[PDB]
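Bestatin complexed to leucyl aminopeptidase, as determined in this entry.
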Amino acid sequence: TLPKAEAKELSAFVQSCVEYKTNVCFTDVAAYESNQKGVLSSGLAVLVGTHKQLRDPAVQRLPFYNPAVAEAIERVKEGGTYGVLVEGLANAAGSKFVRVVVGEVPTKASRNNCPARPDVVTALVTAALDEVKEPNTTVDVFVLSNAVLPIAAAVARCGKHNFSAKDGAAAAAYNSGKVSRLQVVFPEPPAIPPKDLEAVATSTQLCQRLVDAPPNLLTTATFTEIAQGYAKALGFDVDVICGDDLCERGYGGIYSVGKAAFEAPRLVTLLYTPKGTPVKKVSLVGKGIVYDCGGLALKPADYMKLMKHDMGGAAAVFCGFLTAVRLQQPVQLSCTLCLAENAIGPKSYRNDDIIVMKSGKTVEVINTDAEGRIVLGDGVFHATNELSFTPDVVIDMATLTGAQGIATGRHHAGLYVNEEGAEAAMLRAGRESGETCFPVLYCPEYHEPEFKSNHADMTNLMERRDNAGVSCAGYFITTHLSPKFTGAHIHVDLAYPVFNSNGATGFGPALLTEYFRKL
Amino acid sequence: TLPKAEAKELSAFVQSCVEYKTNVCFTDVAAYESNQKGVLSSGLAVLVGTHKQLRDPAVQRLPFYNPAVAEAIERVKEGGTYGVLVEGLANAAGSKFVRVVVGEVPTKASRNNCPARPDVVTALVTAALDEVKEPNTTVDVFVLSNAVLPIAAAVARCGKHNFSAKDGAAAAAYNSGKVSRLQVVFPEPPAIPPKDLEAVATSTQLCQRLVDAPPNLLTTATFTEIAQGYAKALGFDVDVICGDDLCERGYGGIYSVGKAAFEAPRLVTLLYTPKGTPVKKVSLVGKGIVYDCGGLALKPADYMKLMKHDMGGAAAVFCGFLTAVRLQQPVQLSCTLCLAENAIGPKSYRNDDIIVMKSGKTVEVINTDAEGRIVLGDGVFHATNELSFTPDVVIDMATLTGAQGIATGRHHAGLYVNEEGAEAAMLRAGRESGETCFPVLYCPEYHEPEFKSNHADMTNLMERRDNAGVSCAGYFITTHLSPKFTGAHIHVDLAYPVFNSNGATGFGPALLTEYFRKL
Amino acid sequence: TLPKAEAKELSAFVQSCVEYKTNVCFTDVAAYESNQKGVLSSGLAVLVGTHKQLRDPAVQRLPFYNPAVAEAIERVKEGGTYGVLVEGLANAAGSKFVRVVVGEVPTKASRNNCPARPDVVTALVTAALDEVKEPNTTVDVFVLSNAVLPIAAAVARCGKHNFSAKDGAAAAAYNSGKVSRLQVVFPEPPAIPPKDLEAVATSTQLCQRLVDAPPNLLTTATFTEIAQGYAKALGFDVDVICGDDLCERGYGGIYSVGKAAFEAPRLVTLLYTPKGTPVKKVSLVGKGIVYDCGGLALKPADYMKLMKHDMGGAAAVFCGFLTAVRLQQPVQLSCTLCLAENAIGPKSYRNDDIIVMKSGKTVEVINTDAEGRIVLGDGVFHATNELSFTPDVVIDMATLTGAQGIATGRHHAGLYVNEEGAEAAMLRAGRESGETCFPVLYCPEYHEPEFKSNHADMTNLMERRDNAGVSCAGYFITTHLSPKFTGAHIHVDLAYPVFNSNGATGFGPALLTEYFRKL
Amino acid sequence: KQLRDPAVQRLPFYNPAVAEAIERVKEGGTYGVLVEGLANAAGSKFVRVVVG
Ligand SMILES: CC(C)C[C@H](NC(=O)[C@@H](O)[C@H](N)Cc1ccccc1)C(=O)O
Ligand SMILES: CC(C)C[C@H](NC(=O)[C@@H](O)[C@H](N)Cc1ccccc1)C(=O)O
Ligand SMILES: CC(C)C[C@H](NC(=O)[C@@H](O)[C@H](N)Cc1ccccc1)C(=O)O
Ligand SMILES: [Mn+2]
Ligand SMILES: [Mn+2]
Ligand SMILES: [Mn+2]
Ligand SMILES: [Mn+2]
Ligand SMILES: [Mn+2]
Ligand SMILES: [Mn+2]
């Protein structure tokens, strides 16, 4: 039992997440001219585009353009911003001056990147929004790219985060009071409708909120409640297997990992079936480790910090699922959240313990800090064996390995995929969405020997850690796929892309949305 | 909750502390000649003074003096002892020989030290008492200094400790059977009355007892009981905020730090108002971490050893408060004990958790092993906001940082102080009392940026640990002072001065007594 | 200067490498029947193939086949061996019994692997050769695969190594006396002529020898002498820039890395131009760190062990070059060996030193143990700027990062490549040759910021080591490409594939040979 | 306070944009504004004025 004040805070936080609405809206230049008649929304305007786009004659026709802005365009550095005052520009806030911040997007983009470079878009707008003078204002963000989806997600993830505990925000269910309403103004009417773009942005930001949230607010229980709240509101199915019932029902992996914690582990499965025939049946599985202390294999404090992000895969699949429901995408979806806190205490699963996985395979625990793969093993078996359908594609997303950062870096999620076709499709989705990925070695014949055990079917940790660590963690997960499943399996290791130095990025949902789109 | 045998042991230990009486008494040479008529109290006598004092003609008139003693004076090394037998010296134990141990105190003393060098006095008497032949005897300690307060504390802290578990003492409520009664014989009638000196010595030793006591005996609960016992006996007020009530009442800092532990955290506030108009209103706040395991940021065993001393600041303020009550010093006092065990388990506050402090400010926990500043933050806000008066001066005392030892060393507590005047006054009190201090950098404009947080008002740990660490910990505490408070704030970091290789020193109470004296 | 006995030993070792001849020959079943008329070469015969190949009717017609061998085929485990005695089988050693060892090769092979699974072929033959009874024998190795190139290299790298210091071999210029002559018997006449296969095998084993050799034998000087010896013998060009001349000629990278060592660094460039028009101009550049102690950034002993392998990239390109010359492949080649010992002493380049690279770019040395990329920077600039031709393709090979093992593992060299076409071609070559590769992230826009320096053009080490470390090391190298070069650059990180628990693998040369074949 | 001294108005680069920079600049921060047609030795169309 929790103190009443803490329970009240948790309920309010749940509600803040269930009712989360985005601060971003979308329009185009002609519609803007028509609706606002040259009156800026506030005393700040942002203009972002490539060196060339910024010099297009059409830019001169923008309502804030003048010779100072032209000079800003000359003086701005690639990847940088440059601000100029414009006197007596009509604006809804009534200010003698409007500040116009120009940002230059690079055109350089490697074959593994998104050509629109939404990464820099995000950074530019973030920087520009630091010039906001007052709160509760609307900032016009004029973008010269028509790459609407990656730009939508880029702007959604930019600026001050909706999650905040600063300056009394704790009393307002941790809804930030520092966020500006953002009006993205594309050159042309967007190929994807504005309300659809809002739904994408909303999911990016909800994902960000969940990840940013500390574990004292986002627990196994509150995450479950949030999912249940969305289920009631949007009318999808929710199945919860909780605490000791996991043990009784043979879910030894997730049970063992989570059982030491104050809040019980949960296997939460969400179902969405579209009207009419689905283009595909897809099962999503997310690593929902609300906090990873390491268990008995305790992390040092510097590594343990930011392990509140260890549910980033669960948040990603959860929010991608929400977007699919909200936009009524024609994909049949399961979304299985593998919720646990990897805690330390008398009930800790041990370095030596042998787990009976839901798959029936036994796992010797070499290291309790390799918890994610165990939890996901139960998740994928559940998805591929225990649902009312058998999926064509299984996608698991997880903040799984430090190796991932070493291998594919801070901006590219690592892909371990059993089929070239699915892999290429996810890579395409990454390049289109901006939520970029890169493959890691798929070679089960070389991963399999690393998990030999004297007494169990397998260990949970490689004998040699310098033998394709991102890949091996993926391999472990595959051993727990049901034999009934013969489809494509996409393992997404997103340990690093889910955050940056400002906090969560909301990486993952837009990737999924784009992937679903092209199925 | 506890086994019956353990509960009985705890009660007995509480009683041993509540009823603690000192082994030291004080007199002077003429009163001694008058009451004992040249008959030594036992077969051991100690003579301590400087090279010059030892050669004063008055020394020849001491009842034990003879040519052997004169020779001891020639042979003794500075900072050392030298013992000689004297045959047929009248003594109350009827010993054929009396052992006379001479000890030479240095005169060398830097401007940051106590000129009477009580540090050496303590060491000399400690060494001399090792020559005690039988226990339960009274040893005459003839001191040639008239620096009565520092000598009183020095002798109080010397020799075998009143806390012991050796040789069956556990059955006697851990009251040592190895302690000698000590009769300090000053040259002149002491400027401070003997019974007043006893009260000081008593507080030094009670402080020593509490600090020495292992955490299986001195818990959050037993410390609270001890305070309550003294409150009934001496007639002062006691307020206790316990366990989950700390959470309900907004004391998020001390609640979060303490909640993992077996015994609940407590905020214990004691009040003393003198009969007259007080010279000053002073609020004392003490770090009462009964044991600091580090929490989830677990300490290695070699660092974790001696973290039973982590309540040294609470003991210091508690015992300083007792002395003020017993001697009826004309200071109005609050004494707030911030009691918690920093424990590891499922309920552990986390590296990532965000705390809502009593001050209303939010704290992002970077490292759970920086618990003291958090607990103190709630303590100082309580003192400056929640009491029936507003203090002129806030003094917090805490075994706060390893940096303290690096900066100011084993014998000098570090002072972080917002006013030059209060700082100088505490320094002077340290020099007079022998419980020496030294300032650390006060520069809030440079400390403040170290605690920047993405999501909370502040972190609990510096981004850079090599940027005035003693000072930064102090700074943190100041951020939680009430806006209602506009007085002097003295932060005392006494991590190292509270112990030496023999255990607790009882450092702190005498410092406070002397400070109160000169207000 | 060296002791005379050490100089004699080095000369002999040089000669052993320059004159190295392989122990492997190649034939086919019909030619074997014709030349040996059913008489086995010795008392051991090896039969290796897939489960299915082993059950082909043709197997029954092999000269050693009998019912015991049929049983061995039933009893052998996948990836294992099984031996049976056959009495009175004609053999050249006149052995009462012939031991026939059957080995089963798996057919399982992922899309990133060589379908013939030469990895297992090597392991099987290695195991089987442990049954050799006497030395200086010829062992018939009957292979059921017709994948002649990968099998040739697989057998070349198997069994006991030609480098040895056991049992007096030091007195025989470290030529092992434990090696068996091996006669590989393919089912059909090999698509590649036997003498051409011998040249491939010879290069695999020479590469192995150089890598296995400890740095007291294989020094910057002896490696250079070996290259000169081959140049005299085969009639290709050799250019040597030695020691202080590197500094005088602006080769600040390789000079600074190597200058602390007892033996001077050398930039050794070899040239081969075929008769007639080359299909391509290719420049090879190899990391020839004869020993990597870490420099002032000293490695711990457990990591420093096996840094004699740190010239594995130089050995690879060197031997790939030799094969091209010996087989007269129609490729114009340069081969640049970046030879240095990364030593520790008074002349050590420092953590802080600023290097003026041959490229004209300055490099701030953050860490002296990131030496390889520096040495290679000078190598690739040399190749792309200082030769009599400009290459179409630059291939650098290096044992460059620990990240490589983490990312792509022990069997797959990491590829960082500026063009998709070249990457795909090298990957194809890896799958055909058996010397498998896998790509790492190519994304210069994300690597570049990691190398920002306050005072130099760049650092030699990433600010963040968890941001695509294999890729970032590659990126560094690319910054030193001449602007004159506009072709394909293939960076091969082969830190782990160059060795296994038995020592060097001779990985690299066959990869190159196969790549050159398909140009 | 120094930035709001009347003497500041008499500086050769001062104009209403600069005055606005003084309002908008954050403590410990900078804020830059363009001033068109201010005489300068480099003959620059605009002079950038950075207030701190
Ligand atoms: C110690 C090892 C057995 C396993 C360890 N991984 C973990 O503990 C995972 O549960 C982590 N949740 C993976 C991770 C690492 C760094 C940043 C973000 C995420 C790892 O090193 O990757
Ligand atoms: C790990 C850091 C965040 C903070 C740490 N301090 C602590 O844990 C405090 O709670 C300790 N109670 C301070 C301490 C250290 C050494 C000897 C006596 C007392 C310190 O290093 O000073
Ligand atoms: C210390 C770091 C700056 C760089 C370091 N790399 C090196 O020292 C390279 O010179 C090593 N030669 C790379 C290496 C590491 C492990 C096994 C084989 C080869 C690495 O750890 O990757
Ligand atoms: Mn984890
Ligand atoms: Mn973990
Ligand atoms: Mn502490
Ligand atoms: Mn601590
Ligand atoms: Mn190296
Ligand atoms: Mn190195």
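The alphabet sets the chain names here, A first, running in the order the sequence lines are given. The PDB entry numbering applies to chain A: residues 3-521, in that order. What you see of chain B is 3-521, where the numbers are those given in the PDB entry. By the PDB entry numbering, chain C shows 3-521, in order. By the PDB entry numbering, chain D shows 54-105, in order. Order of appearance sets the numbers: ligands from 1, and atoms from 1 within every ligand. Excerpt of entry shown; contacts counted in excerpt. These values consider heavy atoms only, across backbone and side chains, with no hydrogens, waters or symmetry-generated copies.
- Lab note - all copies counted, Bestatin located at ligands 1, 2 and 3.
- Those other chains that come under 4.0 Å from Bestatin (ligand 1), heavy atoms only, are A.
- At a heavy-atom distance under 4.0 Å, only backbone atoms of A:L402 (N, CA, C or O) approach Bestatin (ligand 1).
- Heavy atoms of A:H311 stay at 4.0 angstrom or farther from Bestatin (ligand 1).
- Short contacts between Bestatin (ligand 1) and A:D312, defined as distances under 4.0 Å to a heavy atom of the residue, involve ligand atoms 10 (O), 12 (N).
- Of the N or O atoms in A:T403, none lie within a sub-3.5 Å distance of an N or O in Bestatin (ligand 1).
- Within the listing of Bestatin (ligand 1), atoms 7 (C), 8 (O) sit less than 4.0 angstrom from a heavy atom of A:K301.
- The side chain of A:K289, and not its backbone, has at least one atom closer than 4.0 Å to an atom of Bestatin (ligand 1) (non-hydrogen atoms only; side chain from C-beta on).
- Of all atoms in Bestatin (ligand 1), numbered sequentially from 1 with element shown, those under 4.0 Å from a heavy atom of A:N369 are 3 (C).
- Counting atoms of Bestatin (ligand 1) from 1 in the listed order, those under 4.0 Å from a heavy atom of A:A497 are 18 (C), 19 (C).
- Counting heavy atoms closer than 4.0 Å to Bestatin (ligand 1), residue A:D294 contributes side-chain atoms (C-beta onward) but none from N, CA, C or O.
- In A:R467, the part holding a heavy atom less than 4.0 Å from any atom of Bestatin (ligand 1) is the side chain.
- In terms of protein heavy-atom proximity, atom 22 (O) of Bestatin (ligand 1) is closest to A:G404 N, 3.0 Å.
- Distance from atom 3 (C) of Bestatin (ligand 1) to its nearest protein heavy atom, with residue and atom name: A:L463 CD1, 3.6 Å.
- Looking from atom 17 (C) of Bestatin (ligand 1) to the surrounding protein, the closest heavy atom is A:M309 CE, 3.7 Å.
- Residue contacts with Bestatin (ligand 1) leave out A:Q406, since none of its heavy atoms falls under 4.0 Å from the ligand.
- The protein heavy-atom contact nearest to atom 5 (C) of Bestatin (ligand 1) is A:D371 O, 4.2 Å.
- For Bestatin (ligand 1), other ligands and ions under 4.0 Å: ligand 4 (manganese (II) ion), ligand 5 (manganese (II) ion).
- Applying a heavy-atom cut-off of 4.0 Å to Bestatin (ligand 1) picks out A:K289, A:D294, A:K301, A:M309, A:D312, A:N369, A:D371, A:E373, A:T401, A:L402, A:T403, A:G404, A:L463, A:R467, A:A497, A:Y498.
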